[PDB]
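Below: the structure, in structure tokens.
Position 1 is the first residue of the sequence; numbering continues from there. Method of determination (from the header): X-ray crystallography, 2.2 Å. As the structure lists them, so they are numbered: ligands from 1, and atoms in each ligand from 1.
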Amino acid sequence: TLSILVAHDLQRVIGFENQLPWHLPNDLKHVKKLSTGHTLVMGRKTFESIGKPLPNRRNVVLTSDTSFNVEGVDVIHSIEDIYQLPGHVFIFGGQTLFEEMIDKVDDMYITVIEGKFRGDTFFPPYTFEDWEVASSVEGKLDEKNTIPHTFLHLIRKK
Ligand SMILES: NC(=O)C1=CN([C@@H]2O[C@H](COP(=O)(O)OP(=O)(O)OC[C@H]3O[C@@H](n4cnc5c(N)ncnc54)[C@H](OP(=O)(O)O)[C@@H]3O)[C@@H](O)[C@H]2O)C=CC1
Ligand SMILES: COc1cc(Cc2cnc(N)nc2N)c2c(c1OC)O[C@H](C1CC1)C=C2
């Protein structure tokens, strides 16, 4: 089973200068709950962004660098390797990977950040004609989590 996992804002910004443009603890917890015990797949730049692999799940990095050999990371070198990985695989980032996968994945777990940020990376446009809302749940706001946001689970129609 193959899912996208992503947070994008009202204009589908996902990234600025190789970071997330927002501080949102609730979203990162969301990620941890979903992906813990399973597999992440991510592109090189995204890994450099997180910098080490996430504990307690199988971290996998897509890169062309056949020199790449990082402790605690599986490495793959084509897209087509993804379909070999067993279990629940999450496509984790970033823009290049989403672009390449969005047409391929079963479903997407999207956090809509209900704001407009400055970005330099974007999620590809998509249509609800194509995507059934299996659930939609407002994140809770609070002293520490102050941007409105919604957890969407979308499943490919038809
Ligand atoms: N808000 C969110 O949900 C998330 C946002 N982001 C944001 O996304 C942005 C990063 O996206 P982007 O810059 O596109 O980088 P990516 O994280 O998608 O990594 C791009 C790299 O992945 C490798 N790669 C991708 N496709 C292939 C392929 N088909 N075959 C071999 N290697 C491949 C290449 O690495 P190499 O050069 O080593 O060959 C490529 O340069 C950042 O701004 C980050 O903050 C990232 C994750 C989540
Ligand atoms: C691009 O930056 C990140 C992307 C991501 C990826 C990511 C973040 N948020 C959402 N909703 N989907 C994603 N695929 C993460 C992330 C990032 O910054 C360190 O951090 C956290 C924990 C501390 C490591 C988790 C994920």
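The drug located at ligand 2 is named iclaprim. Most heavy-atom contacts to iclaprim: the chain the PDB entry names Dihydrofolate reductase. Taking every heavy atom under 4.0 Å from iclaprim, one finds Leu5, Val6, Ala7, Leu20, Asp27, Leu28, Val31, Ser49, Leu54, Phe92, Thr111. Iclaprim places these atoms under 4.0 Å from at least one heavy atom of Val6: 10 (C), 11 (N), 12 (N). By UniProt annotation, the domain of chain A with most residues touching iclaprim is dhfr. For iclaprim, the polar-atom distance check finds no N/O of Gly93 at less than 3.5 Å from any of the ligand's N/O atoms.
Geometrically, iclaprim and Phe98 share no nitrogen or oxygen pair separated by less than 3.5 Å.
Between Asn18 and iclaprim, no N or O atom pair is found at a separation short of 3.5 Å. Among the substrate-binding residues UniProt records for chain A, the set within 4.0 Å of iclaprim by heavy-atom distance is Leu5, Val6, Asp27, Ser49, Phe92.
Annotation: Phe92 places an N or O atom under 3.5 Å from an N or O atom of iclaprim; distance criterion only.
As for UniProt NADP(+)-binding residues in chain A, a heavy atom under 4.0 Å from iclaprim is present in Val6, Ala7, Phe92. Below 4.0 Å from some heavy atom of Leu54 lie the following atoms of iclaprim, by number and element: 24 (C). By the definition of a contact as any protein heavy atom under 4.0 Å away, atom 13 (C) of iclaprim is in contact.
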